Amino acid sequence: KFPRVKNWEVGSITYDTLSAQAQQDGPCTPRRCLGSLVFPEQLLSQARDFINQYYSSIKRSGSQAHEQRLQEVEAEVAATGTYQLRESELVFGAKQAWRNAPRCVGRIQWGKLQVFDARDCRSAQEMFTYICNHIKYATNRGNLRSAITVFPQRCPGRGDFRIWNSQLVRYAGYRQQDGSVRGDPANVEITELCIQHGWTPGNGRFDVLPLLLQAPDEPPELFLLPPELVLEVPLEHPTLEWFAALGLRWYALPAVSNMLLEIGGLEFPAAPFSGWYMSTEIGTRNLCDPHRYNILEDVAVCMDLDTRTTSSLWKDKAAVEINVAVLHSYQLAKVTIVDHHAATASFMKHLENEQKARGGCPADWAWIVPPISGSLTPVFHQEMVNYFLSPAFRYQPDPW
Amino acid sequence: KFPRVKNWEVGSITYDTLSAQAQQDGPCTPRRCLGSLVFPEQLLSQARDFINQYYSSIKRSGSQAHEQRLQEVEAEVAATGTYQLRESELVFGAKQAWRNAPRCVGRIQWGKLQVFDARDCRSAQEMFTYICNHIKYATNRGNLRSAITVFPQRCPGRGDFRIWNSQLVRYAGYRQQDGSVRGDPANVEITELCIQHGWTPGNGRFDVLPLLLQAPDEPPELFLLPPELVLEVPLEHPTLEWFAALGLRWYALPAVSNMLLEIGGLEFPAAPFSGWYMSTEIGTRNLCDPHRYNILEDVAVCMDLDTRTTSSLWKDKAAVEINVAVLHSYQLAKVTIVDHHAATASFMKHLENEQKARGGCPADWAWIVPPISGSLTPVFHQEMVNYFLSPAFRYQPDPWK
Ligand code: HEM
Ligand code: HEM
Ligand SMILES: O=c1[nH]c2cc(Cl)ccc2o1
Ligand SMILES: O=c1[nH]c2cc(Cl)ccc2o1
Ligand SMILES: [Zn+2]
């Protein structure tokens with residue numbers, strides 16, 4: 001009945017009683033595990049549950065106000081086929097959507113999320129204004145603050161609001177003529193689209209891409225992000241003087257803008273959220289991934305390492321220094337940053353907090369474990385249970 | 001219908017059609033994934049399936065010989081409740097078991113495995129002779145060779161054969177009087193059990209544990225492995241001259257001996273197998289895990305690193321150097337070893353070969369990806385499907401419980 005979860009490092013044991021209530025169903029079956037894979041009555045049933053979650057959170061479950069709310073939403077659905085949330089409910093939902101994200105190692109700060117109600121957004125122009133205000137509040141001159149901006153929900157009888165970009169700030173990727181790619185190869189598709197929509201492209205490796213904001217039943221409009229608002233950090237190493245001369249850099253604000261927020265059967269196709277970076281995400285993944293910037297060999301060559309064979313561990317050595325550079329650079333530039341050790345350690349605390357709160361915590365082991373030095377972090381030795389709880393952040397198909 | 005598996009580095013795509021033939025159920029349900037957790041009529045069915053696999057492997061499927069074999073096993077089971085495997089079947093079975101091990105990144109070598117038939121073993125003393133011969137063959141003076149020794153199967157009318165030790169070679173763990181442990185903390189239980197059974201221990205950090213072998217319905221007997229049979233490697237660093245002075249070492253032969261072998265419904269509780277080490281297992285797991293030798297901090301301090309803050313990545317630096325020392329030490333000592341980069345690269349080839357052969361390959365992502373530099377290896381960016389295929393190696397409860 002209750003999955004036994006053990007920590008092998010310490011030997012501590014707990015039981016996940018929260019998974020037995022997973023609203024949705026995962027891809028795994030008793031026949032095979034696919035955990036490593038990246039990817040009106042029904043509405044009323046999801047709505048009732050959410051409202052119940054809300055009233056339970058303010059210790060008012062079963063009250064008259066609780067019953068009224070349940071009845072009021074059931075009435076809106078019968079009359080309009082859908083319903084609207086109250087400000088306090090959206091705030092509550094958005095927070096839970098983060099708390100329930102299984103692949104996020106930074107959930108310890110879930111409760112201090114700042115939600116911005118942008119359900120009154122009239123068009124692409126206003127949408128752009130909202131995104132700019134979000135970036136300003138979030139960046140905060142380098143002292144990053146977690147936040148999310150919720151745009152008008154999906155509704156029958158019109159299209160939805162959508163931010164074509166995968167993140168508010170992304171570097172362009174130009175298909176160089178010879179097969180190669182200058183800039184970020186992961187952004188090749190979105191870059192070519194920005195160009196198709198009348199954008200004058202650049203020729204650099206770190207060109208900040210414009211935003212392709214789509215309004216309901218309207219073609220995507222192009223908007224350029226004011227340079228003074230997109231904070232960036234020049235990369236340098238504390239002892240490798242030549243590093244700075246590599247011209248590497250990275251933006252300060254990580255902000256996913258292509259995921260769908262779901263709250264009580266309601267879907268918000270546009271709701272950009274952001275926090276702060278964990279060193280590995282930049283130094284190891286974005287900079288060292290073979291299908292990304294792939295700078296590992298270049299740096300190793302500059303470190304004068306024996307790259308003639310794998311046994312020397314030049315890749316491991318190079319990656320470490322690259323990560324050191326990112327941490328050193330971000331701290332020097334007074335920009336919020338967190339190393340994988342501190343991050344994973346805080347997540348272990350989040351697990352303890354959650355076990356006492358709900359009796360479990362949905363977590364995807366594969367994503368919680370950092371890309372480098374896995375077994376060196378406390379989460380590696382921690383067994384985890386993965387399941388889908390609502391509210392939640394979901395992946396959605398590209399608008400094109 | 002069939003699970004779509006994708007590689008995010010290259011962009012390639014395949015569909016696991018073999019998972020549909022998974023013989024047994026795992027712990028995951030559509031409600032929640034548990035892949036991160038470490039842990040008569042049916043007999044005939046499993047046996048028939050195995051015989052079909054064997055005859056299909058030698059291109060004799062549906063032949064008189066095949067049909068006769070199936071009849072034999074049915075007759076034997078109906079008469080005794082079990083059956084005798086033919087020599088060639090045991091060989092084929094053991095190989096498949098390795099082939100089907102989801103948590104093994106070294107399966108590219110599944111076909112090259114020496115098999116010792118010890119089904120004639122009648123005592124612990126004899127069980128010891130078999131083991132020593134295995135170690136000698138497998139060790140091969142440094143040029144390690146994959147091998148397995150299959151002891152008498154589980155049957156009605158008597159107890160099972162067991163090897164209480166989790167590996168043929170492991171270091172003792174002595175609980176000091178201050179909460180600390182001298183030696184391998186992971187071996188405190190097995191160490192104490194050997195002592196309780198009459199063995200007077202040493203007091204070092206690297207004491208090879210005596211073998212606790214058990215014959216059917218008999219108490220375990222102590223057996224000391226001859227030092228000349230246990231090949232060890234002294235650890236040193238190519239540049240860090242002070243590393244050698246740490247007096248650290250490790251054995252050459254990794255040999256699991258607490259697992260059960262399952263072939264066509266038959267269970268072999270004692271079937272020790274071995275291969276060779278992948279550097280990270282020793283450098284990262286055995287020496288750096290906080291619950292093992294935990295030398296990470298001492299090494300960092302010796303490296304004169306700044307252990308004050310975590311942002312300096314002192315842990316990461318020390319781990320890399322400890323791994324380099326293991327690779328350097330084994331290469332110098334002429335003892336077979338492979339780094340995580342070469343091992344993972346070879347496993348990517350295994351996936352391809354298996355995609356052509358059986359149309360898929362069960363793999364536990366969490367175990368395949370090395371304990372360090374995960375994203376730097378080719379397997380990290382590869383989707384995998386985990387499931388149970390027989391023949392297979394299975395975990396089993398400790399004989400003293
Ligand atoms: C406090 C700073 C935060 C840190 C350090 C952090 C870190 C991470 C990391 C490391 C991942 C995995 C990314 C990858 O390897 O691809 C992730 C995923 C995720 N995080 Fe957080 N996060 C933070 C804040 C937030 C906030 C404010 C939200 C939402 C309100 C959030 C929502 C998510 C979601 C939905 C995912 C899945 C994204 C995906 O798989 O594409 N995170 N986060
Ligand atoms: C040829 C050299 C070999 C290498 C480098 C290799 C490497 C590995 C590694 C790294 C693990 C995971 C250990 C851990 O993380 O705790 C593993 C597990 C395993 N290997 Fe291989 N292996 C080899 C040979 C073999 C052979 C010869 C067999 C069987 C005939 C085998 C059967 C298995 C099984 C069943 C497991 C799972 C063990 C467990 O769950 O505790 N391996 N191997
Ligand atoms: O390292 C990080 N921090 C992050 C914050 C968000 Cl919202 C998403 C991904 C992240 O990866
Ligand atoms: O690194 C390794 N090599 C191994 C060989 C066997 Cl048989 C088991 C575990 C191993 O871990
Ligand atoms: Zn699963």
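Labels below follow one simple rule: chain letters A, B, ... track the order of the sequence lines, proteins then strands, and each chain is numbered from 1. Computed from heavy atoms alone, side chains included, the values below leave out hydrogens, waters and symmetry copies. As the structure lists them, so they are numbered: ligands from 1, and atoms in each ligand from 1.
Among ethambutol, carbachol, chlorzoxazone, the compound found at ligand 3 is chlorzoxazone. Of all chains here, the one making more contacts with chlorzoxazone (ligand 3) than any other appears in UniProt as Nitric oxide synthase 3.
In this entry, the other chains with a heavy atom less than 4.0 Å from chlorzoxazone (ligand 3) are A. Under a heavy-atom cut-off of 4.0 Å from chlorzoxazone (ligand 3), the UniProt L-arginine-binding residues of chain A that qualify: A:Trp276, A:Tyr277, A:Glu281.
There is a protein heavy atom less than 4.0 angstrom from atom 4 (C) of chlorzoxazone (ligand 3). The proximity of A:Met278 to chlorzoxazone (ligand 3), defined as any non-hydrogen pair under 4.0 Å, involves the side chain as well as the backbone. The N/O atoms of A:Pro254, backbone and side chain alike, include none that comes under 3.5 Å of an N/O atom in chlorzoxazone (ligand 3).
In this comparison of A:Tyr277, A:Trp276, A:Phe273, the heavy atom closest to atom 7 (Cl) of chlorzoxazone (ligand 3) sits on A:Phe273. For atom 9 (C) of chlorzoxazone (ligand 3), no protein heavy-atom neighbour is present inside the 4.0 Å cut-off.
Neighbouring residues of chlorzoxazone (ligand 3) under 4.0 Å (non-hydrogen atoms) are A:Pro254, A:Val256, A:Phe273, A:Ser274, A:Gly275, A:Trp276, A:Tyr277, A:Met278, A:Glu281.
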Any protein N or O within less than 3.5 Å of an N or O in chlorzoxazone (ligand 3)? List each pair with its distance, or say none.
| unit_1 | atom_1 | unit_2 | atom_2 | d |
| --- | --- | --- | --- | --- |
| chlorzoxazone (ligand 3) | 1 (O) | A:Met278 | N | 2.9 |
| chlorzoxazone (ligand 3) | 3 (N) | A:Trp276 | O | 2.8 |

